[PDB]
Novice: 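Lab note: structure loaded, ligand of interest is amprenavir.
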Number of protein chains: 2
Amino acid sequence: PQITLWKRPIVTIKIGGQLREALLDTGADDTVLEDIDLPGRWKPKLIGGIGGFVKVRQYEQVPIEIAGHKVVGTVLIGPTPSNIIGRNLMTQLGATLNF
Amino acid sequence: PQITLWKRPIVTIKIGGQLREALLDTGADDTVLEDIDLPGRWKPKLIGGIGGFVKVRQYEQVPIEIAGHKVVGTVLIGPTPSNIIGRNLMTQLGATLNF
Ligand SMILES: CC(C)CN(C[C@@H](O)[C@H](Cc1ccccc1)NC(=O)O[C@H]1CCOC1)S(=O)(=O)c1ccc(N)cc1
């Protein structure tokens, strides 16, 4: 698809058999989800945004479906006011910004 | 232009006779710049990001050039680890996300 930016670029995701929504976020290097429990081993990691920093669980080689496209990559789990898909996964969709 | 997302989508801006760089940020509703002082009246505003909240100055009807395109709109000034161009201004470029 091609979408305009008059509203937030929210898409449907499926991860670990759970369905959620997430914001396509060209400002975010990495994907961050709050409302999802993932199984298996993880690494503690601190991410920085506007206002300060949050402790996140880093999960690697996570299968995730984004707007219908199966990819596998790194998903961070921790507090975020919005689930965000970052460039780590948007590059696997071949996503582009156009203006 | 069309850009891919293997690197951060950074563009050159000109605002108030000052040249800066900023991130094209589909995850950001509003534009936020740190490293620039703007003239005239403003309104206090609090914005929320991943890591809490910051106090910003809201400046309205600010002339700004983004990757060569003159627009006028609202610019928030306050602490941000990266200057960000949000959807408020990217909609004036006719920007789209494609995948
Ligand atoms: C340069 C920063 C700002 C990058 N952030 C992404 C931005 O899109 C961020 C995403 C977000 C959406 C909803 C609520 C809160 C935050 N929008 C944001 O703060 O919107 C504010 C600023 C004005 O408009 C509102 S991040 O979330 O800190 C981040 C950082 C690192 C990683 N790996 C992942 C995410």
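The chain called A is the first sequence line; B is the second; the pattern continues. For chain A, we keep the numbers from the PDB entry: what you see runs 1-99, in order. Here the PDB entry sets the residue numbers for chain B, with the shown residues being 1-99 in order. Counting starts at 1 for both ligands and their atoms, in listed order.
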Novice: Please name the chain that forms the largest contact set with amprenavir (ligand 1), as given in the PDB entry.
Specialist: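 The chief partner is Protease.
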Novice: Give the letters of all other chains with a heavy atom closer than 4.0 Å to amprenavir (ligand 1).
Specialist: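 Within the heavy-atom cut-off of 4.0 Å: A, B.
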Novice: Non-hydrogen atoms of A/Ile47 versus amprenavir (ligand 1): any pair closer than 4.0 Å?
Specialist: no
Novice: Under 4.0 Å from any heavy atom of A/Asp30, which atoms of amprenavir (ligand 1) are there?
Specialist: 33 (N), 34 (C)
Novice: Heavy atom to atom 10 (C) of amprenavir (ligand 1), shortest distance: which of A/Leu23, B/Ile50, A/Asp25 holds it?
Specialist: A/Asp25
Novice: Among all protein heavy atoms, pick out the one at the shortest distance from atom 19 (O) of amprenavir (ligand 1); state its residue, atom name and that distance to 0.1 Å.
Specialist: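 Atom 19 (O) of amprenavir (ligand 1) sits closest to the protein heavy atom B/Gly49 CA, 3.9 Å.
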Novice: Classify the contact between A/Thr80 and amprenavir (ligand 1) as side chain, backbone, both or neither, using a heavy-atom distance cut-off of under 4.0 Å.
Specialist: neither
Novice: From the options B/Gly52, B/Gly48, B/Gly27, B/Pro81, select the one whose nearest heavy atom is closest to atom 11 (C) of amprenavir (ligand 1).
Specialist: B/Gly27
Novice: Can you pull out the closest protein heavy atom to atom 35 (C) of amprenavir (ligand 1)? Residue, atom name and distance to 0.1 Å, please.
Specialist: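 Here the nearest protein heavy atom works out to A/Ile84 CD1, 3.1 Å.
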Novice: At what distance is the nearest protein heavy atom to atom 13 (C) of amprenavir (ligand 1), and which residue and atom is it?
Specialist: A/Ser82 CB, 3.6 Å
Novice: For atom 25 (C) of amprenavir (ligand 1), what's the nearest protein heavy atom and its distance?
Specialist: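 Going atom by atom, the protein heavy atom closest to atom 25 (C) of amprenavir (ligand 1) ends up being B/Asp29 N, 4.1 Å.
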Novice: Which residues in other chains are near amprenavir (ligand 1), meaning a non-hydrogen atom under 4.0 Å away?
Specialist: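 Within 4.0 Å (heavy atoms), the residues are A/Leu23, A/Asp25, A/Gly27, A/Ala28, A/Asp30, A/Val32, A/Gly48, A/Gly49, A/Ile50, A/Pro81, A/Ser82, A/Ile84, B/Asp25, B/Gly27, B/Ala28, B/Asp29, B/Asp30, B/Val32, B/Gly48, B/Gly49, B/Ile50, B/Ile84.
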Novice: For amprenavir (ligand 1), run through the N/O pairs with the protein that fall under 3.5 Å and put one pair on each line.
Specialist:
{"unit_1": "amprenavir (ligand 1)", "atom_1": "8 (O)", "unit_2": "A/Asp25", "atom_2": "OD1", "d": "2.7"}
{"unit_1": "amprenavir (ligand 1)", "atom_1": "8 (O)", "unit_2": "A/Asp25", "atom_2": "OD2", "d": "2.7"}
{"unit_1": "amprenavir (ligand 1)", "atom_1": "8 (O)", "unit_2": "B/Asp25", "atom_2": "OD1", "d": "2.7"}
{"unit_1": "amprenavir (ligand 1)", "atom_1": "8 (O)", "unit_2": "B/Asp25", "atom_2": "OD2", "d": "3.1"}
{"unit_1": "amprenavir (ligand 1)", "atom_1": "17 (N)", "unit_2": "B/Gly27", "atom_2": "O", "d": "3.1"}
{"unit_1": "amprenavir (ligand 1)", "atom_1": "24 (O)", "unit_2": "B/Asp29", "atom_2": "N", "d": "3.4"}
{"unit_1": "amprenavir (ligand 1)", "atom_1": "24 (O)", "unit_2": "B/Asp30", "atom_2": "N", "d": "3.3"}
{"unit_1": "amprenavir (ligand 1)", "atom_1": "33 (N)", "unit_2": "A/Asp30", "atom_2": "N", "d": "3.3"}
{"unit_1": "amprenavir (ligand 1)", "atom_1": "33 (N)", "unit_2": "A/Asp30", "atom_2": "OD2", "d": "3.1"}

